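Bound complex of protein (thymidylate synthase) and CB3717.
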Number of protein chains: 2
Amino acid sequence: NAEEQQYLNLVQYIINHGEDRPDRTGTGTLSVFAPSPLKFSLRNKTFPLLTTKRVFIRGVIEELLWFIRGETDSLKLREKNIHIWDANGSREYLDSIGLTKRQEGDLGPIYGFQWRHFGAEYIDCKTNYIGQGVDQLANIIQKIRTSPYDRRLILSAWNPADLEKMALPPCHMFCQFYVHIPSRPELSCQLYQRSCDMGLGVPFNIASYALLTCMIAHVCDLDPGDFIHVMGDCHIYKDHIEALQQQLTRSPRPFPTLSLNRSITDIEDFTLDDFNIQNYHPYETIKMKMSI
Amino acid sequence: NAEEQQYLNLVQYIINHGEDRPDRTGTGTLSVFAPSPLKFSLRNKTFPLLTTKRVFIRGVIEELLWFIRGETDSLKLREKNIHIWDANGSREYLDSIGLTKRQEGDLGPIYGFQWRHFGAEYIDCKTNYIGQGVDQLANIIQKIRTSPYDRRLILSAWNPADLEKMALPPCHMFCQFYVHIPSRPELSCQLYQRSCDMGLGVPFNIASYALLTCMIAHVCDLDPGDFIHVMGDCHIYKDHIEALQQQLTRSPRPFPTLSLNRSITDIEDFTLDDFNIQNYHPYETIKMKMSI
Ligand SMILES: C#CCN(Cc1ccc2[nH]c(N)nc(=O)c2c1)c1ccc(C(=O)N[C@H](CCC(=O)O)C(=O)O)cc1
Ligand SMILES: O=c1ccn([C@H]2C[C@H](O)[C@@H](COP(=O)(O)O)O2)c(=O)[nH]1
Ligand SMILES: O=c1ccn([C@H]2C[C@H](O)[C@@H](COP(=O)(O)O)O2)c(=O)[nH]1
């Protein structure tokens, strides 16, 4: 796209200029710190769903809703045919990180929970946290309506006071919304990702947050502006270096568009069905492994 | 410089592509959201202390130590003759924001307190919080000491659960550290600043974090790498426009240098005299009016 390309070039930079870092998850990876952020116009309904490799947008949409509901149980993504949180939730893994009395499938006070109940005291993923902690999302929405120029529209998942309790620390830790009014519309979003996995990570989150912006934009009666991905520890797994170059030689197809609704009116009232993506023409999928 | 010059461009870019916006503090501005982050090298003892305008380095130093100590009382900073917090702590401001039962000078759970006592239950800037909350700064130094390639070296002041109790929401909300070991050194730092005042702010913060970075690198035996300033709502106050083209025309003098200590080894044991800044050759100073 020149959008997705800009991303590809980064997939090459981290390769021809990456850094050999011994990885804690125990794996060989190349990495670059704080490279130049990736921008994606969200205009004309365009949705930045990378074409150079089938992205699991089905899990993306499903996981975002899981986030907004403030749910922290992987079992719920399992009940919907999504196993992206099975590992960091395996009874085995919980133990490795000391969470032994924590029941399986309970990811701790991750993303969503912080999004809607920040300060709230976490205690089991099956409890109802209505009224507890601070609801960033609701606030963000409320503000954008009230006074849209606010410079404090911050959605975060990074709670240092609740880290150990988490099955995995907030990877994409927070984002700041901004709305430029014409000379009203243009809801932009710049998020900060501390650790970025270009192969499976970045793409998924690009779409993940592009929707977020679209959803919140939609509900606030705004147009999505652009989306800029800011990354810190950007990295690539060696066991994929080759499975990235063949991709790099691939020509990026134009991004599809996203059509929200049929007057869905709540944000907390979105369903897999209320999201419509048209003209997605990606290349042949590639089984992406990883590490933990 | 081209370091400072890059900054200068950004200042003109805002003037040319800036957006007329109603400022909350009250007075008019021009803002650009998500501009390309400024990088500054700390390589070879260089210190990004802008030269096209005298910078309150002393203000900068005293305030960092103040931060580190986890102090939240402006009065302290006043006993040292700094007045940068006298406003947002004035009796008149506190009430405008509702903290009508807050004794003047009590900024609340801001930067410092969050850095060393995050989870802690703040209450009165004269109380002893020793061992309360999460001591991010301490945990960061430590992880860097043990496992330096940690993708989780985050220091943040943004606590959604405390924002109201604060005299002002964190501006330079957070930063992640990263260390590139050779074939060890390089302690680079990337901070996200939701609201950047290219006028006074940014410059002051480039120094503020440039030092924090050096300082920590110092106690970890590492050498600094570079500094990356990422910014959200980057802007300018009209009442300083004409006041900028004048500066936009000055030729940036090369940055001075920073040599820390005499083996100060803790980050908790620093003082003005431990900071020697060789070769700071800025142009005369420019009186700029804030905006509460
Ligand atoms: C960064 C930061 C923290 N801050 C705090 C802080 C608090 C409220 C604000 N409010 C507004 N409207 N804009 C700001 O940028 C701002 C900054 C100077 C004062 C304060 C901060 C100054 O006066 N700096 C001197 C000039 C005056 C002097 O010599 O004393 C300088 O030259 O640096 C930064 C710089
Ligand atoms: O949305 C996500 C979630 C996880 N990760 C990756 C980043 C790192 O490779 C590892 C997390 O590292 P630490 O939690 O140890 O910091 O998982 C991503 O890239 N994107
Ligand atoms: O280091 C700093 C401290 C904050 N400010 C400014 C930014 C805004 O001018 C104001 C904060 O705007 P609010 O989001 O608080 O309204 O304080 C800076 O630019 N730099």
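Chain letters run alphabetically, one per sequence line, in listed order. The residues of chain A that appear here are 3-185, 189-297 by the PDB entry count, in order. All residue numbers given for chain B refer to the PDB entry; the residues shown span 3-185, 189-297 in order. Heavy atoms only: backbone and side chains are in, while hydrogens, waters and symmetry mates are out. For ligands, and for the atoms within them, numbers begin at 1 and follow the listed sequence.
One finds CB3717 in this structure at ligand 1.
Going by heavy atoms, the other chains that come closer than 4.0 Å to CB3717 (ligand 1) are B. With the cut-off at 4.0 Å and only heavy atoms counted, the binding site of CB3717 (ligand 1) comes to B:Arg56, B:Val57, B:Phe58, B:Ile86, B:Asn90, B:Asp202, B:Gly206, B:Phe209, B:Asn210, B:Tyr242, B:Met295, B:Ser296. Remark: atom 32 (O) of CB3717 (ligand 1) lies closer than 4.0 Å to at least one protein heavy atom. Counting only heavy atoms of the protein, atom 35 (C) of CB3717 (ligand 1) lies nearest to B:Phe209 CD1, 3.5 Å. Taking a distance limit of 4.0 Å, we find that atom 17 (C) of CB3717 (ligand 1) is approached by no protein heavy atom. Protein heavy atom nearest atom 15 (O) of CB3717 (ligand 1), with residue, atom name and distance: B:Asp202 OD2, 2.7 Å.
Every atom of CB3717 (ligand 1) with a heavy atom of B:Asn210 under 4.0 Å away is listed here by number and element: 1 (C), 2 (C). Among protein heavy atoms, atom 9 (C) of CB3717 (ligand 1) sits closest to B:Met295 CG, 3.9 Å.
Atoms of CB3717 (ligand 1) found under 4.0 Å from any heavy atom of B:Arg56 (numbered from 1 in listed order, with element): 32 (O). Residues flagged by UniProt as binding dUMP in chain B that sit under 4.0 Å from CB3717 (ligand 1) (heavy atoms): B:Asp202, B:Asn210, B:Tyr242. Of all protein heavy atoms, the one lying nearest to atom 27 (C) of CB3717 (ligand 1) is B:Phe58 CD2, 4.6 Å.
Given atom 12 (N) of CB3717 (ligand 1), the protein heavy atom at minimum distance is B:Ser296 O, 3.0 Å. For atom 23 (O) of CB3717 (ligand 1), the closest non-hydrogen atom of the protein is B:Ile86 CG2, 4.4 Å. Result for chain B and CB3717 (ligand 1): the nearest UniProt active-site residue and heavy-atom distance (1 Å) are B:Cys173, 6 Å.
Close contacts of CB3717 (ligand 1) with B:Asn90, meaning ligand atoms under 4.0 Å from a residue heavy atom, involve 7 (C), 8 (C).
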Atom pairs, nitrogen or oxygen, CB3717 (ligand 1) to protein, under 3.5 angstrom:
residue, atom, partner, partner atom, Å
CB3717 (ligand 1), 12 (N), B:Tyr242, OH, 3.3
CB3717 (ligand 1), 12 (N), B:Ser296, O, 3.0
CB3717 (ligand 1), 13 (N), B:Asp202, OD2, 3.4
CB3717 (ligand 1), 15 (O), B:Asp202, OD2, 2.7
CB3717 (ligand 1), 32 (O), B:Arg56, O, 3.4
CB3717 (ligand 1), 32 (O), B:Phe58, N, 3.3
CB3717 (ligand 1), 33 (O), B:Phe58, N, 2.9

